[PDB]
Asks: 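I'm reviewing an experimental structure with efavirenz and have questions.
Letters A, B, ... are given to chains in the order of the sequence lines, protein chains preceding strands, and every chain is numbered from 1. Start at 1 and go down the list; that is how both ligands and their atoms are numbered. Side chains are part of it too, since the values below use all heavy atoms of this structure and drop only hydrogens, waters and symmetry mates.
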Amino acid sequence: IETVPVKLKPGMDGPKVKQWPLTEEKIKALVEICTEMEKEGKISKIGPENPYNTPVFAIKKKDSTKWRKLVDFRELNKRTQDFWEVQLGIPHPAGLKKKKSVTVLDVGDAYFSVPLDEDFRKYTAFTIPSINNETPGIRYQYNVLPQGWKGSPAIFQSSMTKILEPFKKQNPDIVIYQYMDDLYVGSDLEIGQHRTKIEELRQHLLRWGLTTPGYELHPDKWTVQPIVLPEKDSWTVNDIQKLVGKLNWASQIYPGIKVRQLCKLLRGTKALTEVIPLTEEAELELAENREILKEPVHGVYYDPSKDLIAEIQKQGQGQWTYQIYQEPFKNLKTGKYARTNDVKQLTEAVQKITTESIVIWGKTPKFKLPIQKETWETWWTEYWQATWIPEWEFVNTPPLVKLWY
Amino acid sequence: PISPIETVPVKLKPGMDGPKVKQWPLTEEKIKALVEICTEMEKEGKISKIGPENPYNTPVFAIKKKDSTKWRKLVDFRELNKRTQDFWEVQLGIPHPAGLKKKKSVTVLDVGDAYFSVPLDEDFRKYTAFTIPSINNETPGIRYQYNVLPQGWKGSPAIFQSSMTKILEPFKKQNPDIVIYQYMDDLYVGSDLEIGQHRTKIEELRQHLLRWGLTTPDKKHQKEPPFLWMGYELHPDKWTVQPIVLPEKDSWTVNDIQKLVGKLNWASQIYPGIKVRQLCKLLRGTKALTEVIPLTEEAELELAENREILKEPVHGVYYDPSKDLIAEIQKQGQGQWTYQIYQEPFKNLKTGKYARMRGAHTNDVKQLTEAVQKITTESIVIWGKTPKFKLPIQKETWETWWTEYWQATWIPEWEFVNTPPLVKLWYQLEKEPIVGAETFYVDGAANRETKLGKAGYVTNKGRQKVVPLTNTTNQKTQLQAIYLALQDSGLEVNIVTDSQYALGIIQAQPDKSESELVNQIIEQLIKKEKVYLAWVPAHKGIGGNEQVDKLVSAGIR
Ligand SMILES: O=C1Nc2ccc(Cl)cc2[C@@](C#CC2CC2)(C(F)(F)F)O1
């Protein structure tokens with residue numbers, strides 16, 4: 001078939017990112033995958049005349065011992081945003097998040113069927129390092145649409161439609177959304193019928209040379225993570241002082257949180273241990289304040305133009321709380337994540353959050369991760385299972401974990 | 001020769017054309033020099049004649065060789081280079097000796113006239129055009145262009161190494177048992193064969209190379225390990241660093257100290273215990289490079305221990321893929337960490353040290369964690385796998401600190417190993433207030449234009465002190481106010497602050513800091529038996545904060 005012409009955002013030049021050092025086992029994993037990808041002509045070796053580079057890693061399938069290749073095209077996606085967002089963007093259905101069930105299907109192998117503009121290929125150059133640098137280090141570039149690239153879905157968008165067409169006409173109440181390598185399929189059917197309609201879909205896919213996984217989400221049951229206020233039988237100065245600290249916070253967010261009554265309550269210079277009475281305005285203010293804290297902030301709306309930000313706090317005991325927002329302290333959504341290694345968990349939380357994020361807004365958030373850069377980089381690709389990679393900056397969590405948001 | 005091998009197509013950067021720099025007039029003897037030289041190259045293909053149709057000209061020079069015996073041809077390519085395309089980096093790393101496998105026989109071959117044995121891309125030659133002037137610029141001068149890689153051009157290193165790789169692929173494939181590391185125009189070949197069957201294979205290699213235009217030594221193989229390479233001395237058996245020699249002089253100049261420090265840090269890869277803290281302290285401050293610096297007591301001794309450690313040669317052994325990697329970390333002094341990596345008890349593969357501070361206010365458990373990270377990263381680059389750690393910390397101490405800390409932390413498989421100083425948390429902060437314990441409501445303030453503050457406090461027992469301060473920020477007045485609550489206070493004390501900033505530092509159980517106050521506030525903390533720290537909103541009017549705040553900010557605010 002003919003190749004779609006692609007171009008970079010003028011002024012910007014191809015990726016020149018370093019290849020993070022890998023462990024022996026993933027290097028072996030990769031030379032096998034790349035050795036085979038070459039026979040099939042999906043990638044060709046390149047020469048030093050190519051100054052470009054995009055990093056690559058090896059992760060695991062849906063827990064099957066088979067290694068998958070993961071190219072970190074985070075950079076090149078930024079250098080191409082114009083192409084895949086405005087020029088050939090893919091619309092996001094507001095109905096998806098409402099569906100009783102959503103299945104995620106990895107339609108990535110579908111891209112290796114299409115060729116890549118002979119002129120763009122150089123930009124997809126990657127390198128398979130070698131241990132202790134005892135060897136130059138294998139270089140390659142893609143000939144077909146690569147998987148981590150947000151350009152792939154956009155181009156293939158035309159074919160995906162022909163494929164899905166029949167299935168869609170025969171199933172008007174089923175939403176299908178494509179997002180970089182995956183298809184999201186949601187319906188309000190009963191688990192049985194849904195799971196059934198999925199198999200049906202795989203059969204259609206199957207006819208265009210494309211197998212499938214599984215993995216079900218239930219968006220209609222995604223609820224807010226309120227900011228809770230203690231409710232103890234007793235009450236100490238300390239307990240009430242804190243109750244005022246957190247409440248105070250709930251002021252620069254959730255307009256209307258009255259704390260003028262609870263405050264000034266039992267004041268002066270008393271010990272912290274000293275137990276205290278109660279107030280009628282108290283029970284009322286508490287109730288009212290928490291009542292307000294249960295439901296979403298007023299005046300906060302999603303703004304398609306601005307970035308999304310996900311902040312995560314390590315609560316302790318395998319507990320993790322996070323907030324997604326665009327304007328600091330103006331939360332679009334908050335949540336929790338629970339249930340061995342802190343890094344292993346955190347990576348899981350990020351993937352969960354990114355998924356929820358993609359279902360609700362169609363874009364991934366940028367993460368403010370509560371960890372040490374080096375530690376994260378050394379281990380994330382050890383528990384990671386997604387096909388995409390979100391944006392991330394390493395932050396330093398304040399004594400804010402006190403309040404849940 | 002001139003290797004048959006395909007040629008790497010190079011081009012100039014996008015919006016640019018070949019170079020056009022006028023040829024500055026050279027002297028007669030020089031003009032003779034270049035003439036005698038080019039002619040030479042020309043007869044061999046390295047270059048060829050071209051007329052005045054080539055609008056591209058790059059300057060030429062000539063300078064005498066060793067003792068002024070023969071001249072050399074210098075081609076200032078600065079211009080072609082800024083106009084030449086960018087390439088892929090030659091080496092993004094260097095093998096670390098400790099990551100090399102032990103070999104039985106090893107020899108090093110060196111490609112003669114490498115750059116000139118590789119064919120420059122035709123479509124590019126036109127840019128590497130220069131001219132040999134006529135006595136006092138009259139005649140036209142001779143014009144030449146290149147047909148092989150120019151020894152000073154941007155892409156010769158890249159293109160040469162790439163070619164040598166393609167030329168070797170067949171051979172390596174035929175002898176997967178032969179390891180060949182290529183560093184510039186040198187080839188390190190090692191095998192587990194016998195010196196007899198080794199040299200046999202070697203010739204087989206020289207042959208394969210000849211069939212490709214690359215000439216190689218005959219008996220000048222230089223093999224004969226030792227091998228001085230990249231500051232190392234390689235043996236088929238082991239490895240170590242180039243011999244270090246400590247000057248031993250009366251007075252030391254800044255320049256002398258730096259060199260010393262540089263060598264010792266280079267020695268620390270295999271020599272355990274090298275210390276440079278004291279010597280490095282002496283270089284703080286913009287001091288003349290020729291300025292003499294007297295050695296403090298501490299330094300004088302540090303140089304001694306180092307002196308001691310270096311007297312007997314120490315070697316590192318090579319990597320055995322079949323065995324595990326063990327890494328043990330010891331705590332030397334404050335903020336200093338040393339470690340060893342071995343496979344068989346005490347036969348070190350590599351050594352090293354960690355001292356990095358990493359911000360102000362930090363504690364040993366946090367630093368040990370950092371050393372583990374560094375060693376882990378380093379371990380992956382060199383050996384491809386993370387080692388098992390033997391740390392001087394209790395599984396107890398670790399478990400407790402990790403689970404409560406705000407930051408997510410991991411740490412590969414480890415084991416305690418009782419090698420004092422053991423790492424420990426020097427104090428804990430209570431979680432629940434201390435009943436029947438004074439409650440100091442500290443506070444502070446400071447006039448911004450003046451820099452006058454009043455760190456003070458008030459308790460639930462009437463006591464209320466307010467010491468004035470000069471030249472302190474709004475923060476220090478809050479950190480100073482907490483220092484107070486710790487002094488005139490019992491062994492158990494509840495402190496209620498409104499400085500999230502203060503809460504932050506203290507809450508992270510730091511046992512060493514860059515702040516003078518913070519280190520003081522630490523002694524206190526390590527002396528109390530129960531400390532409870534709570535926070536409440538600043539000048540928002542709360543029972544306690546308001547009151548102290550009153551005598552704290554009344555005047556001088
Ligand atoms: O794996 C090994 N073992 C080894 C052992 C002793 C000596 Cl001297 C040399 C080597 C070798 C190398 C190299 C270059 C970095 C110096 C060789 F490639 F074999 F030459 O790398």
Asks: What would the PDB entry call the macromolecule that lies against efavirenz with the most contacts here?
Replies: POL polyprotein
Asks: Other chains with a heavy atom closer than 4.0 Å to efavirenz: which ones?
Replies: B
Asks: Could you tell me which organism the entry lists for chain B?
Replies: Human immunodeficiency virus 1
Asks: Which residues and nucleotides from other chains come within 4.0 Å of efavirenz, counting heavy atoms only?
Replies: B/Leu100, B/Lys101, B/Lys103, B/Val106, B/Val179, B/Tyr181, B/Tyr188, B/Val189, B/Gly190, B/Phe227, B/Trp229, B/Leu234, B/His235, B/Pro236, B/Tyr318
